[PDB]
Amino acid sequence: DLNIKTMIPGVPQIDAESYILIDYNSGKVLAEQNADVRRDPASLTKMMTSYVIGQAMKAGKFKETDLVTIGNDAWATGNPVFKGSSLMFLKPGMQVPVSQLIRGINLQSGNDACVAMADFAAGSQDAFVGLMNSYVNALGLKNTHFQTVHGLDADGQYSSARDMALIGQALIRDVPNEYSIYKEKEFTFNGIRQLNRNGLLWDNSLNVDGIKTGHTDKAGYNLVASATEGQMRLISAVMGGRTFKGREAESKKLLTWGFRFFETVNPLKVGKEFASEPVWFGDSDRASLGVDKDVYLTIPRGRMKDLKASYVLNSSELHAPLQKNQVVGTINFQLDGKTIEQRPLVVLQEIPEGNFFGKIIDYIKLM
Ligand SMILES: *C(=O)[C@@H]([C@@H]1N=C(C(=O)O)[C@@H](S[C@@H]2CN[C@@H](C(=O)N(C)C)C2)[C@@H]1C)[C@@H](C)O
């Protein structure tokens, strides 16, 4: 009858030590297990490296076509610390376009390429790690600290499924030109073809434009994945997966589960009037009320027509002056009579005080 419509879906068991599934637009956590346990991120570290780089290029600090000259510290076979790790095989003296180095970072997980771009972007690796951890602070991540540009095992570096899912959200949102690289399945440098090890890119059942893989014998098998269905986008991060086949199978389970049982809705957009309230002492009698940021809600799929919204005002009356985006109350979104999310009710257009004097006196005073 209606137990169907109010059904909570069982969450599938996940053969991973830590995971999280979130909606990209709404931020809603659909499923989680040990999402805040600090773990080693392995090459998921390179998501942040890519984020810092994308911010730099966004700010015009360098271009795709600028040629980086490879220094001694990015010499692949000149630094045995790189042994047994993925590399794009850079040698001192080469001039490699920025567009190729970031593809070594994102697609081949090339640790030498991270060193190349770090010195280029920030002058040194320490400076670049400083940018990384500063963006950790700027994004409000609470279980993430970086000590390398590549994600080779550093004793004091860690992250979490939630923080890595939030880093992936930040990538898609803040630096989309950089994020659009992760869907490329193959990249060739210096006559060596290497594959993007995110096998979900190959899965036709999903529209995975994918993020980053990572694996060390201490981290396990890590993968941050993102897919779309229509205009809904989900993000999954599993850490401590058992095998390469295991981490992708589990991630895919979360993404199809999330898509099948939940949907994302956009019930109100910025600048569209949600409500109207009288105003006192103003040049306008009424205030137009809405949101300063588009509302995205994640609800059970099919239940959109059952979504109801209402609002409360912080004060009994509204007195001018009122500014653009001044918060005067709360919008309540309810499903089945229960409030499922709130977002601030704000003034859509500033409303100054009365001032009804001769327009010319006004000018004259200025003049
Ligand atoms: C990041 O976690 C490390 C790097 N990244 C990956 C990955 O993209 O999944 C692994 S996979 C790579 C595939 N073949 C293995 C190998 O023996 N070599 C040397 C290429 C590893 C890899 C560990 C990064 C820190 O190195």
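Residue numbers start at 1 and run along the sequence shown. As the structure lists them, so they are numbered: ligands from 1, and atoms in each ligand from 1.
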Visitor: What is the name of the drug located at ligand 1?
Guide: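 At ligand 1, it's meropenem (bound form).
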Visitor: For meropenem (bound form, ligand 1), which chain wins on contact count (greatest number of heavy-atom pairs under 4.5 Å), named per the PDB entry?
Guide: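 By most contacts, it's D-alanyl-D-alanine carboxypeptidase.
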Visitor: Give the source organism of chain A as stated in the entry.
Guide: Escherichia coli
Visitor: Can you identify the residue and atom to which the deposited model gives meropenem (bound form, ligand 1) a covalent bond?
Guide: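 The covalent attachment is at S43 OG.
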Visitor: Counting non-hydrogen protein atoms only, what is the nearest one to atom 10 (C) of meropenem (bound form, ligand 1)? Give residue, atom name and distance.
Guide: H215 O, 4.2 Å
Visitor: Do any nitrogen or oxygen atoms of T216 come within less than 3.5 Å of a nitrogen or oxygen of meropenem (bound form, ligand 1)?
Guide: no
Visitor: Check whether any heavy atom of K46 sits under 4.0 Å from an atom of meropenem (bound form, ligand 1).
Guide: yes
Visitor: What I want to know is whether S85 and meropenem (bound form, ligand 1) share at least one N or O pair that is separated by under 3.5 angstrom.
Guide: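 No.
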Visitor: Got the closest protein heavy atom to atom 17 (O) of meropenem (bound form, ligand 1), with its distance?
Guide: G84 O, 4.2 Å
Visitor: Ignoring angles and geometry beyond distance, decide whether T213 reaches within less than 3.5 Å of meropenem (bound form, ligand 1) through its nitrogen or oxygen atoms.
Guide: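 Yes, there is a polar N/O contact under 3.5 Å.
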Visitor: Which heavy atom of the protein is the closest neighbour of atom 4 (C) of meropenem (bound form, ligand 1), given with residue, atom name and distance?
Guide: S43 OG, 3.0 Å
Visitor: What atoms of meropenem (bound form, ligand 1) come closer than 4.0 angstrom to any heavy atom of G151?
Guide: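 Those of meropenem (bound form, ligand 1) that fall under 4.0 Å from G151 are 25 (C).
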Visitor: How far is atom 26 (O) of meropenem (bound form, ligand 1) from its nearest protein heavy atom, and which residue and atom is that?
Guide: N111 ND2, 3.1 Å
Visitor: Could you find the nearest protein heavy atom to atom 12 (C) of meropenem (bound form, ligand 1) and give me its residue, atom name and distance?
Guide: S86 CB, 4.6 Å
Visitor: Okay, next thing: residues with a heavy atom within 4.0 Å of meropenem (bound form, ligand 1) - which are they?
Guide: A42, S43, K46, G84, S85, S86, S109, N111, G151, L152, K212, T213, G214, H215, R247
